[PDB]
Enquirer: 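I'd like to ask you about the structure that follows.
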Amino acid sequence: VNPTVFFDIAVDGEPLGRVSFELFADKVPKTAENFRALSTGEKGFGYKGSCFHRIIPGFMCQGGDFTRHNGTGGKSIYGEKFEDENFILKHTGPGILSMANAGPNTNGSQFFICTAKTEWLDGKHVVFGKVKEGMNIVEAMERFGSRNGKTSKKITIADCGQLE
Amino acid sequence: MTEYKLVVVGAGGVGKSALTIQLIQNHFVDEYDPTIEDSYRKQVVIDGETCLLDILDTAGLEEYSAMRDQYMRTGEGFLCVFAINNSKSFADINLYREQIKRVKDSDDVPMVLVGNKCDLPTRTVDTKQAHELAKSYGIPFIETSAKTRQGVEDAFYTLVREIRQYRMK
Ligand SMILES: CCn1c(-c2cc(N3CCN(C)CC3)cnc2[C@H](C)OC)c2c3cc(ccc31)-c1csc(n1)C[C@H](NC(=O)[C@H]1C[C@@H]1C)C(=O)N1CCC[C@H](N1)C(=O)OCC(C)(C)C2
Ligand SMILES: Nc1nc2c(ncn2[C@@H]2O[C@H](COP(=O)(O)OP(=O)(O)NP(=O)(O)O)[C@@H](O)[C@H]2O)c(=O)[nH]1
Ligand SMILES: [Mg+2]
């Protein structure tokens, strides 16, 4: 069965709501397992406390830099970076969960959630999950973004983990 | 106080943002933070005149090569940046210049060629190669390092001088 993880989102420290994701371990097991482990924190590091550093209305919300907290860091459970597992899944519409990167085979911990179809990223970013519950929370995050992605409030992953 | 609309262009990773942040903020970080789009303002004195520099720092990521026309129409002068240890970024220069001339429909657009990262020992673009390219464009060539600040003010200020001459012709 595909695992489910959750983020509890806060805005300047005030709770907004919970987003949960299905992780497609059946199609991209290594990539799903990285995101799962970072969501539970079970390696001694992970998403909890980190922020969505880039939010561009009409496109996506990007987060996951828990090592430098400036949009340039993050690391995987396999080392600093790991290879693109496959490009089977596509950026079909809002709610797709996909890996950020610095080019081929540079997956770490940064990820993005689509708020529209972004098909030009197909074959360049590994899709590995989708929002299951709480897409209206992601929609509510968009107004704290901007054209180039700078946020006007601090959007944080106040808590995160794995659901049964 | 005269305002100048400068645009920094070039292949991804050549140091467009490092150069701009060094001018604006007087510091350098080695982390890679690829640009979406950023704008900055800086007041300077060039040849005894107060100038306001409006600087557009653009994305080098080649995926979005089709989304440059609007900023090229708006910009008044271009800092065309390559890295002296990246021969492909030096080839990319001519494509940027052709696009700017194409979009602005003019052979006479203020530009400066910038060869960045001159602090590095691993040079693959020799200085004569660059000087002759710039000579064939009719534009200045300035070698810079955003890491040491070598040539950084000179690159931006020379571009302002190129715009100034274009206006006062
Ligand atoms: C031309 C202006 N622009 C644009 C753009 C594109 C369009 N259209 C494209 C499609 N057509 C059909 C319609 C028009 C319209 N409007 C804009 C913006 C709003 O105009 C200002 C984008 C973009 C991306 C980068 C640079 C410039 C860019 C960039 C620069 S680094 C990058 N991408 C990839 C990015 N790596 C990182 O962060 C590395 C540091 C970490 C480790 C990354 O893995 N992810 C995840 C996927 C999304 C991507 N970030 C991102 O943020 O995408 C922004 C987006 C708006 C989706 C695309
Ligand atoms: N040694 C050295 N490194 C430099 C210099 N300028 C930039 N760098 C480094 O080169 C990398 C890319 O720099 P950056 O300014 O982000 O390049 P960019 O042209 O703005 N990239 P993009 O087009 O993706 O926004 C960074 O690791 C930065 O520290 C320089 O003069 N010397
Ligand atoms: Mg940049």
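Naming convention: chains lettered A, B, ... in sequence-line order (proteins, then strands); numbering from 1 in each chain. Heavy atoms only: backbone and side chains are in, while hydrogens, waters and symmetry mates are out. Whatever order the structure lists them in is the order used to number ligands and atoms, beginning at 1.
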Enquirer: Just wondering what drug sits at ligand 1.
Expert: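 PDB records name it daraxonrasib.
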Enquirer: Which polymer chain sits in most contact with daraxonrasib (ligand 1), and what is its name in UniProt?
Expert: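 Main binding partner here: Peptidyl-prolyl cis-trans isomerase A, N-terminally processed.
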Enquirer: Heavy atoms under 4.0 Å from daraxonrasib (ligand 1): which other chains do they belong to?
Expert: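 Going by non-hydrogen atoms, A, B.
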Enquirer: Check each of B:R68, A:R147, B:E37 against atom 18 (C) of daraxonrasib (ligand 1) and report the one with the nearest heavy atom.
Expert: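 Of the listed residues, A:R147 has the closest heavy atom.
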Enquirer: Any protein heavy atom under 4.0 Å from atom 41 (C) of daraxonrasib (ligand 1)?
Expert: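 Neighbour list for atom 41 (C) of daraxonrasib (ligand 1) includes protein heavy atoms (cut-off 4.0 Å).
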Enquirer: Got the closest protein heavy atom to atom 37 (C) of daraxonrasib (ligand 1), with its distance?
Expert: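 Ranking protein heavy atoms by distance from atom 37 (C) of daraxonrasib (ligand 1), first comes A:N101 O, 3.7 Å.
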Enquirer: Checking contacts here: is it the side chain or the backbone of B:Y32 that comes within 4.0 Å of daraxonrasib (ligand 1), counting heavy atoms only? Could be both or neither.
Expert: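 Contact part for B:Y32 vs daraxonrasib (ligand 1): neither.
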Enquirer: Short list, please: which atoms of daraxonrasib (ligand 1) are under 4.0 Å from a heavy atom of A:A100?
Expert: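 By the 4.0 Å cutoff, the relevant atoms are 43 (C), 44 (O).
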Enquirer: So, anything else - ligands, ions - within less than 4.0 Å of daraxonrasib (ligand 1)?
Expert: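 Under 4.0 Å from daraxonrasib (ligand 1), there are no others.
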Enquirer: Any idea what name the entry gives to chain B?
Expert: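 It's listed in the entry as GTPase NRas.
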Enquirer: Side chain or backbone of B:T35 under 4.0 Å from daraxonrasib (ligand 1), or both, or neither, by non-hydrogen atoms?
Expert: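 Backbone only.
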Enquirer: For A:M99, which part has a heavy atom under 4.0 Å from daraxonrasib (ligand 1): side chain, backbone, both, or neither?
Expert: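 It is neither; nothing of A:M99 touches daraxonrasib (ligand 1).
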Enquirer: Nearest protein heavy-atom contact for atom 56 (C) of daraxonrasib (ligand 1): which residue, which atom, what distance?
Expert: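 Result: A:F59 CG, 3.7 Å.
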Enquirer: Please name the UniProt domain of chain A carrying most of the interface with daraxonrasib (ligand 1).
Expert: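 Chiefly UniProt domain PPIase cyclophilin-type.
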Enquirer: Nearest heavy atom to atom 16 (N) of daraxonrasib (ligand 1): which of B:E31, A:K117, B:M67 does it belong to?
Expert: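 Selected option, by shortest heavy-atom distance: B:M67.
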Enquirer: Which nucleotides or residues of neighbouring chains are within 4.0 Å of daraxonrasib (ligand 1) (non-hydrogen atoms)?
Expert: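 At that heavy-atom cut-off, the site is A:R54, A:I56, A:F59, A:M60, A:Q62, A:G71, A:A100, A:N101, A:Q110, A:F112, A:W120, A:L121, A:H125, A:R147, B:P34, B:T35, B:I36, B:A59, B:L61, B:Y64, B:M67.
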